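All chains are named by letter (A, B, ...) in the order of the sequence lines, taking the proteins before the strands, and each is independently numbered beginning at 1. Only part shown; contacts counted inside that part. Going by what the header records, the deposited coordinates were determined by electron microscopy, 3.0 Å. Modified residue -> parent or X. Extra atoms: not counted. Hydrogens, waters and symmetry mates are skipped; everything else that's a heavy atom, side chains included, is used.
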Amino acid sequence: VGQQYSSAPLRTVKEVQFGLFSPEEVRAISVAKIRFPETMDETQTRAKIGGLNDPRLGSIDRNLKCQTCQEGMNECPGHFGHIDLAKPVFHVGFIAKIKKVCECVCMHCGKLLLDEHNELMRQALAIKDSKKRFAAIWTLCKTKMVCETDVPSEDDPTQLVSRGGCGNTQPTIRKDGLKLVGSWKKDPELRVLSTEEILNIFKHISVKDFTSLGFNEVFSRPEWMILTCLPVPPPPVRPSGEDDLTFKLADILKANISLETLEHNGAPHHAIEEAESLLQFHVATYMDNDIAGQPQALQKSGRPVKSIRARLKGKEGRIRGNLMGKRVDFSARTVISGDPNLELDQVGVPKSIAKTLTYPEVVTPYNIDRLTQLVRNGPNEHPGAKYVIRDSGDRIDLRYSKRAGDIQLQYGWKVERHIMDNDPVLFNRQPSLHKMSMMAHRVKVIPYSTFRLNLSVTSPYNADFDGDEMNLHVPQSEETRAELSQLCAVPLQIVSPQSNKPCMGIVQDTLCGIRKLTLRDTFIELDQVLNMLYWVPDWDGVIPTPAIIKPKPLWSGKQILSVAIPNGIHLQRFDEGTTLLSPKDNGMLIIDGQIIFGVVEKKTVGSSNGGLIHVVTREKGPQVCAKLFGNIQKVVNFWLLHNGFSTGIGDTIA
Amino acid sequence: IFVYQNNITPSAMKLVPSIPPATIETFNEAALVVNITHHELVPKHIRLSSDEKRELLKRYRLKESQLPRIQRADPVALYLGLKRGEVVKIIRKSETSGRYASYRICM
Amino acid sequence: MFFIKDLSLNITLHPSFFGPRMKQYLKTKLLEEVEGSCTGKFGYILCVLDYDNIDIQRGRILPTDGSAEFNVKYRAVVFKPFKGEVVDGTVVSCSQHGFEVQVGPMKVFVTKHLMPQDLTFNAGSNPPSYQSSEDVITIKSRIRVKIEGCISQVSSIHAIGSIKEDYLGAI
Amino acid sequence: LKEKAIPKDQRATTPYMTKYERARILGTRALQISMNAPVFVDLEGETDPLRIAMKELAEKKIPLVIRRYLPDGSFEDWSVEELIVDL
Amino acid sequence: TXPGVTXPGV
Amino acid sequence: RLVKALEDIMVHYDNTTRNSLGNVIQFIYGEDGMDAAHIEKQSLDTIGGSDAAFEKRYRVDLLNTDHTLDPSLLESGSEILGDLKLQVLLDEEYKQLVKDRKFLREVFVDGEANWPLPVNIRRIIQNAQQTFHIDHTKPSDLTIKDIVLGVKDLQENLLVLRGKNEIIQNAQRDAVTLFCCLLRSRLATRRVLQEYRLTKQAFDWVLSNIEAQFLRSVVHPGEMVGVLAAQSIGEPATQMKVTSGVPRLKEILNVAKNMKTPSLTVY
Amino acid sequence: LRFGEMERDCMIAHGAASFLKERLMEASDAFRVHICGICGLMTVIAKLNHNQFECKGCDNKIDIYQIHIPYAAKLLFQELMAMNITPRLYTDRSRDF
Amino acid sequence: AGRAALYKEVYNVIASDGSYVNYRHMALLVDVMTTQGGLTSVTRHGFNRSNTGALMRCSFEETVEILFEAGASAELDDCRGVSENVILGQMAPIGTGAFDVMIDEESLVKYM
Amino acid sequence: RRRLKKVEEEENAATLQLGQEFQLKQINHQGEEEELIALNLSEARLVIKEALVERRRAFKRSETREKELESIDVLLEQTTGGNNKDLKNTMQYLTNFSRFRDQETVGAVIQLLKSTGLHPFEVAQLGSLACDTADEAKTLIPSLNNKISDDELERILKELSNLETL
DNA sequence: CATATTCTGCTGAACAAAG
RNA sequence: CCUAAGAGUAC
DNA sequence: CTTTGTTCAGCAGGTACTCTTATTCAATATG
Ligand SMILES: [Mg+2]
Ligand SMILES: [Zn+2]
Ligand SMILES: [Zn+2]
Ligand SMILES: [Zn+2]
């Protein structure tokens, strides 16, 4: 049924503005405060209120709606919760950035170290892009380890001007795992920089200071890089055996409760520090479990926990495994086979595949009759229809609906029907290294279990018939169908932009047959000439006057093959040593669509620039070039069938 | 243009930028032995005036950054004394068409 | 108060509606949708000016849909009340909490807390009214009210008024 | 949008309809014909919406305009009537 | 290098 | 990697080749604005040959006997001799041909004659000859002024950029200069009157087809040339003293500082 | 069947944008989700039957839009939100080209 | 001259085995690689490092790091690229999508 | 710009905090900027009547208070359809509190208030409120304090009361 | 007697040292 | 149902 | 106001497709 109608206006995303959650924004958008690590209550049959599967965050069962939006699992996007962290922790993906920011801002007064009074700060701040600005500011302000409450005057280095500096000594800051340690110059004193004091020094950074560091006033302030509220994703993000994220959130809540109890009841600073470190580790491994050096946070089963960063990165991650490339419907895949009796732009589709893949045809006064006939036929015979989509969104399955009687189609409905002849379908062989390896063919339904495609079109696909499989995608709308037929059609892809020369040509048996046919020895009697002439679909119906009239009417192979070549084609290629007369019958001269002389072989009908294929497709159009492919293949294959060709061991003996 | 033999002391490099509009350009004699612009790989570079740059950005509907970039350390850029923001027209003997005119903005 | 403002509305037309009367369909569907409507952004929308030629522009086909999305621009008359603004009105009803006064297309409710102590409710007289020592305010009586608060409601707005200030009340 | 729209008298794009433009015109017109859009050409028995759109384009009876977008956001409105379909 | 076969360096 | 690098390159409606940011990669696609599939290998007759052969092929003098033309070539073969204005036309046409010869010799250092160009003039000439039944004996109806003015107008009608300012006009001339060189090489007065023997209707038909084919060969805005180039480079790599093949391509795309066989050439 | 990355690249090379969109949205996963123009986040409580849209925090009810994105895209944005990143989706241009 | 040498190297690689690729493809490649004033490598550290949109950049390599940097820097993505529209499931401004098809009321009335 | 959720001041006519979309200058549909003009009761009523009669003429081709009410009701029924309860209430409110009759008097009033060189909202309120004295108008409209001289405001209100009819 | 927890590839960036 | 491993097919 | 001379720094590995098989922390401890 899809998604029901929504009165909200429909727009398209024009701009995506990235940023960070402010803690107040998380608390504002969250619909619940998650406190109990248990996912289910003591009854083990319902979602515990305040737990990680709080119904306010979305319904975990199909039978129940979401408690917040009162929608089903189909509609409900899922609504975030919030965990109020006992103590602020470092975001694992920003620690380095944090290490830079605290290295660019005085750790006592919370102001940027080198103001514009410094000579190089005019050059640094003049940079436009935020990343380059921050890189310059970091690489110049890291070496300064004093707040410099009094700096020499910009006009002259004679008098001293006092800015808003406190004159303290900035520490050298390193990272030891998930924490930062600062060493102050000995008048070194090493101590761990608490996340609370770093957050405090971040909140005191002036707007002008952190907007010169690349941060934004509205979308990403530096103090928001410190996690004080964890946005709990809805159960749609971590569907259920609970997901890895659910167990990680349970561990995070357990650590939070342990830290809260230790703080409230009073404990040695050793235990408080241990609980804080455990909470930091749990949060960091929840967001990223591939931290260098630190051991992986193992799951209950002893395997590494799949973190969010793990879910995003990689070939099978969200971006590359579900967005750039995703599994699609209305696609078939099967072994391919050659068919010399198919047109270049045609593909043979097994009857079962045609009965499975379906196209929605919008019911129109121009096609009510045949769509009604297909609906009557049903899905169990070909041609037929598999579904009827009503204008209200309800879908009638042609199976099980025969009991109610015949269906009366109305204009605007859709008949989801079996793909029939002349339906444009994208056809692919993978890896599909280039655009010619993915082309629009016309369906020809055939009673066998393999895709069937012309021999000439196998070259762009790099496809053999030794077990190769190929894919078939069916467009589901008239726009996609039309642009597929007018842009990706096989005849339009004859000439490749890859090398400005045709990519499809006469190959394999047809090429050998066309070489043998055009030899000067090859003479064809009346009956075989008639058969070969009839095999050319666009033959004008006139028998050419035989090359030899007496004492026996004989047609040469060139004369019969010239029937396939369209009228008005002139080609003149001169091989090595050929003259206007051809003692060796090499070269090629075709005048007005008749082969004057020359043996037809790879250099003429093959996929080479200046050949017959290129000339025909540049003179008569791609459609006539495909017709030439078909005619040449048909006539040459008939002649080779009735002439025979072989090879054996004796052919390798000198 | 200052042309030196081996090197410049860094204590003199800092004072090389003088009071505007005076600009000091330093060149090494060893690096100036061969005129790179006579190489067949180096195409023809022509500095554009302010009016020509304005016309170029107007006709092609471009912004400053959307032009192809040429570093203000490229040997040709040093050769012609390009300053930041100035656009060079590049005349190239192309092979699909006889003449191709590109434009590169100094950065 | 009454203003004229430049508004725009997006209209989605089905493919079946691209007859020669497409302009008529767009003009009719702009009406019955914005005429006399209410929103918090511009208050009430009463009527459309310059109906002879409304700017409809070209109209963009939504891809994969075929429906055309027009951005029709027009001139509209609006009535947005404002805080601390004096306006005339007509009394329509009285109650224990206060009285409702008809100002244009809206009803402004003045509470009993926003009248001088001399004015008191009186349900003995039919219909019930508000009587004071020197004057009485009854149904269908002209009265000037100063609006000091605006409350957004569904398809309507209920402002908050007063007559406590000097030269406010029945004329 | 008044600033964006390049005036008709000084459009500087190709007067010839591109293959992508022709493909999208045929697709949109066939999609509309499938949804019972009015036909401005006489029909000689054809029933495929795509070839109905092709017949409409051949004799220039498609009431659409291409809004060709320049890289700066400015656009030109070329009516399908005045576009030359050479391909 | 690369990666693979960062940089060098980084 | 190549496809991801070049995925956002596109030919826009001002023929510039820009990425997603709008940065100009090429001010015209392929430096000529031509679709790749509409390009064929053709020979430039001006660049090759000898100076004496070049004069015999192109130079036509209406006032002398060393480079005169047979009066039976054209209808007005006896009236053109002694003319001053037509001799001026021949002088400027041959001067332009000499300039094209020098320019093409400058462009291609090795003097290669066969290069990929959009429109195949030879096939158009042959089509006209076969369609109009050139008997090669009757004097041509064409006048020399007709030939020169038709060639000039045909060059004026080969438009790639439609702008109406000096920058766009200069870019248009630079884009069509090589095809104009080929066109002048083929449609010369001597060659048209003698080697091909076009008639007035045949010459006009040739001009019309050349203009139509050139306007058809222009690249279509919206072409995703970046992915096309990435695929057209990657696909031949699959079919594959100094390193070559896949390792050398790897080295080139990575721009590796250290390379296996760093070699240099001295002339 | 997997309509992988480089099949998408081939379809891009062909120039068929609408077929690529139909492959990636209608064939595989089309998800309608509601956002607001104040904050681009998808935190819009949308009671469709009651016809009520409300983004808590922004405290708006008359500035809601609907968009059609793949469910994979929605899941990506929700994981980014769970990872302290705001993928604010805005339906109008705030900057010129 | 660096771009010219890069094109010559690419052409030598392509034509080493006798295959031929049109000039314009390699010209586009070497123009993209040299459009920033220096040789841009076809790698994450190369093209993938450019203010061309967070969603496009992340789809190639180092996805999560790119998202983190974009969130920290509050980058604005204008969705002018193919990858952005592919991720958001909308018609990319390419090929048939490089323009807007609209309706002329006056012409439609002019037909009848 | 986006500003996420930006704070804003509460509207107040005393401070003249109309709104970001009710500023003095507004961009018209033609692309240029025009001063935000505000219609008094009679001027807005005349504008509405002109719009409705123009719509009636377009559809056709394609004074005492009671007769005025009858005419406006007939015209409203003839021109537009239903769901005009708000429009009907506004029309009857305007006809009841009609400070002016026809075009001449409203034009004279608007040109006089234009010659005053005052805020459009304030002049529209002055044309709407039928005040008597100067201090009374000042205490009715706090935005008029310390803007114009007492004598000038009193005299212009005197001429406005003179232009009062019926 | 049943649930809970204990191969294959480098250049820099950084640190100590000093006249 | 998930995860992992292995074997294999076409390039 | 410039000089070398050691020590630590960060991963990725092509596109599809088919099948099978094992596995979901052991057990001591307390209710
Ligand atoms: Mg095989
Ligand atoms: Zn919900
Ligand atoms: Zn300080
Ligand atoms: Zn919001």
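- Picking from vasopressin, bivalirudin, actinomycin D, retatrutide, octreotide, the compound at chain E is actinomycin D.
- Ranked by contacts, the top partner of actinomycin D (chain E) (the one with most) is named in the PDB entry as NTS(non-template strand).
- Other chains contributing a heavy atom less than 4.5 Å from an atom of actinomycin D (chain E): F, H, J, L.
- The PDB record for this entry identifies DNA chain L as TS(template strand).
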